Visitor: 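Let me give you the structure first, and then I'll get to my questions.
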Amino acid sequence: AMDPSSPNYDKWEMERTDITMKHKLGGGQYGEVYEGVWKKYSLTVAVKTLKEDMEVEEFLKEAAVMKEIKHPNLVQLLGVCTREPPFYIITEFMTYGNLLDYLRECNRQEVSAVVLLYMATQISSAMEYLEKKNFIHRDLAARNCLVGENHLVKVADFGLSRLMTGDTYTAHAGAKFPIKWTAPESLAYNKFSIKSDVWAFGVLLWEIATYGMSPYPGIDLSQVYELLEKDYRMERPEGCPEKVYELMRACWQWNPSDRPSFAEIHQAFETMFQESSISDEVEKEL
Ligand SMILES: Cc1ccc(NC(=O)c2ccc(CN3CCN(C)CC3)cc2)cc1Nc1nccc(-c2cccnc2)n1
Ligand SMILES: NC(=O)c1cccc(-c2cc(Nc3ccc(OC(F)(F)F)cc3)ncn2)c1
Ligand SMILES: [Cl-]
């Protein structure tokens, strides 16, 4: 099946022995994801596998989806091993790891307002692409983005809901939801769409603007929906330019139809500071 002449050929299928498997990534925070080396390229990779013994079809579904998407700001599929168990999905490795930790740990002279704007812009580009292709993310947040060289940011989906410890994800409607990132219509009506990703993007924008603070700080999960329904929204973070906060507020429109498209959001990021410096706005606000 590995030869192009074969009727069973799949360009994505790679030789398992081409990859040298190292340790589990990030202590175990990603489940069954391992650091790897793709031998012939001397390239470090991330390798997702299945744990011993119905989630097989979900895994294969993920591999199929990843074959359909290609964008500079979406984590890139490099290959799979899905002919026989154990199944692998191989992606590029991103030097600086997840964006949430990166924000919390970064040198702030380096990761200035300009860099933060670039990170937000890149994420909106990935999401504009997903929007165009009629995909939904379903769990957009800083914890699901990666950071590489020169502040490159890629959107990922690590399937965190039943891995992550703590109260980021909590029980809701038979599953685990990240309540503070979840659009109200998703919480209340189980309605997910690109517009519920827009809501989540607004929360992610707030994470960027605060260098990774936890959203709705000090507010009980039990109160989030009621507060949002009564028009409460997180306040503008310290130093946040008004035009950026306006964009956050647009993402958090109660009616999903009133929220901007990711194409509109990306355009806004390109125009917002075309003639003016984000550094100057932050300074003005402070
Ligand atoms: C090894 C692997 C296997 C699969 C995936 N998959 C994805 O990241 C992903 C992204 C977008 C989609 C699109 N999808 C559309 C439909 N909706 C419902 C879900 C999202 C699907 C999968 C990533 C990885 N990469 C990965 N995983 C965990 C950790 C890391 C990692 C950690 C630290 C440094 N560098 C890399 N890297
Ligand atoms: N040391 C300081 O002067 C100080 C104190 C508090 C906040 C900040 C601060 C805020 C800040 N905010 C900020 C920057 C960019 C931004 O746009 C985007 F979200 F990234 F798109 C939205 C908000 N950027 C850089 N520094 C600095
Ligand atoms: Cl989808």
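By convention here, the first residue in the shown sequence is residue 1. Just the heavy atoms: all of them, side chains too, but no hydrogens, waters or symmetry mates, feed the values below. Numbering of ligands and ligand atoms starts at 1, following listing order. Recorded method for this deposit: X-ray crystallography, 1.7 Å.
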Visitor: Write down the drug at ligand 1.
Guide: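 It is the drug imatinib.
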Visitor: I'm curious which chain is the main partner for imatinib in this model - what does UniProt call it?
Guide: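 The main binding partner here is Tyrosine-protein kinase ABL1.
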Visitor: Do me a favour and list the nearest non-hydrogen protein atom to atom 23 (C) of imatinib with residue, atom name and distance?
Guide: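 Result for atom 23 (C) of imatinib: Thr91 CG2, 3.8 Å.
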Visitor: How does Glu62 reach imatinib, by side chain, by backbone, by both or by neither, if only non-hydrogen atoms under 4.0 Å count?
Guide: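 For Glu62, the contact with imatinib is made by the side chain alone.
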Visitor: Considering only heavy atoms, which residues of chain A annotated by UniProt as ATP-binding lie under 4.0 Å from imatinib?
Guide: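 Among UniProt's ATP binders, a heavy atom under 4.0 Å is found in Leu25, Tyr30, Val33, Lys48, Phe93, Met94, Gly97.
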Visitor: Please list other ligands or ions within less than 4.0 Å of imatinib.
Guide: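 Below the cut-off I see ligand 3 (chloride ion).
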Visitor: Looking only at N/O atoms, are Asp157 and imatinib under 3.5 Å apart anywhere?
Guide: yes
Visitor: Heavy-atom contacts with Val75 under 4.0 Å: which atoms of imatinib show up? List them by number with element.
Guide: 7 (C), 8 (O)
Visitor: Give the atoms of imatinib, by number and element, whose distance to some non-hydrogen atom of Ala156 is under 4.0 Å.
Guide: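 Matching atoms, with element in brackets: 8 (O), 10 (C).
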Visitor: What protein heavy atom sits nearest atom 18 (C) of imatinib, and how far off is it?
Guide: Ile136 O, 3.3 Å
Visitor: State the UniProt domain of chain A containing the majority of residues contacting imatinib.
Guide: Protein kinase
Visitor: Has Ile69 got any heavy atom lying under 4.0 angstrom from an atom of imatinib?
Guide: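 So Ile69 counts as touching imatinib.
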Visitor: Which imatinib atoms, with their elements, are less than 4.0 angstrom from a heavy-atom of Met66?
Guide: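 In order of number, 4 (C), 5 (C), 6 (N), 22 (C).
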Visitor: Provide, to 0.1 Å, the distance between atom 14 (N) of imatinib and the closest protein heavy atom, together with that atom's residue and name.
Guide: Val65 CG1, 4.0 Å
Visitor: Under 3.5 Å between any N/O of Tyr30 and any N/O of imatinib: does that happen in this structure?
Guide: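 N/O-N/O distance below 3.5 Å does not exist for this pair.
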Visitor: Report the organism recorded for chain A in the deposit.
Guide: Mus musculus
Visitor: Using heavy atoms only, pick out the UniProt active-site residue of chain A nearest to imatinib and give the distance to 1 Å.
Guide: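 Nearest UniProt active-site residue to imatinib, heavy atoms: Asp139, 6 Å.
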Visitor: Which residue owns the protein heavy atom closest to atom 30 (C) of imatinib, what's the atom, and how far is it?
Guide: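 Minimum-distance protein heavy atom for atom 30 (C) of imatinib reads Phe158 CE2, 3.9 Å.
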Visitor: Kindly confirm or rule out an N or O of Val47 lying under 3.5 angstrom from an N or O of imatinib.
Guide: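 No, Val47 has no N/O under 3.5 Å of an N/O on imatinib.
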Visitor: Could you list which atoms of imatinib come closer than 4.0 Å to a heavy atom of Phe93?
Guide: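 Every atom of imatinib under 4.0 Å from some heavy atom of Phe93: 34 (C), 35 (N).
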Visitor: Which residues, given by chain and number, touch imatinib within 4.0 Å on a heavy-atom basis?
Guide: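 By heavy-atom distance, those residues are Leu25, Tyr30, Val33, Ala46, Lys48, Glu62, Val65, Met66, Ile69, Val75, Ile89, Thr91, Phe93, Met94, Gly97, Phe135, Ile136, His137, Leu146, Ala156, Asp157, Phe158.
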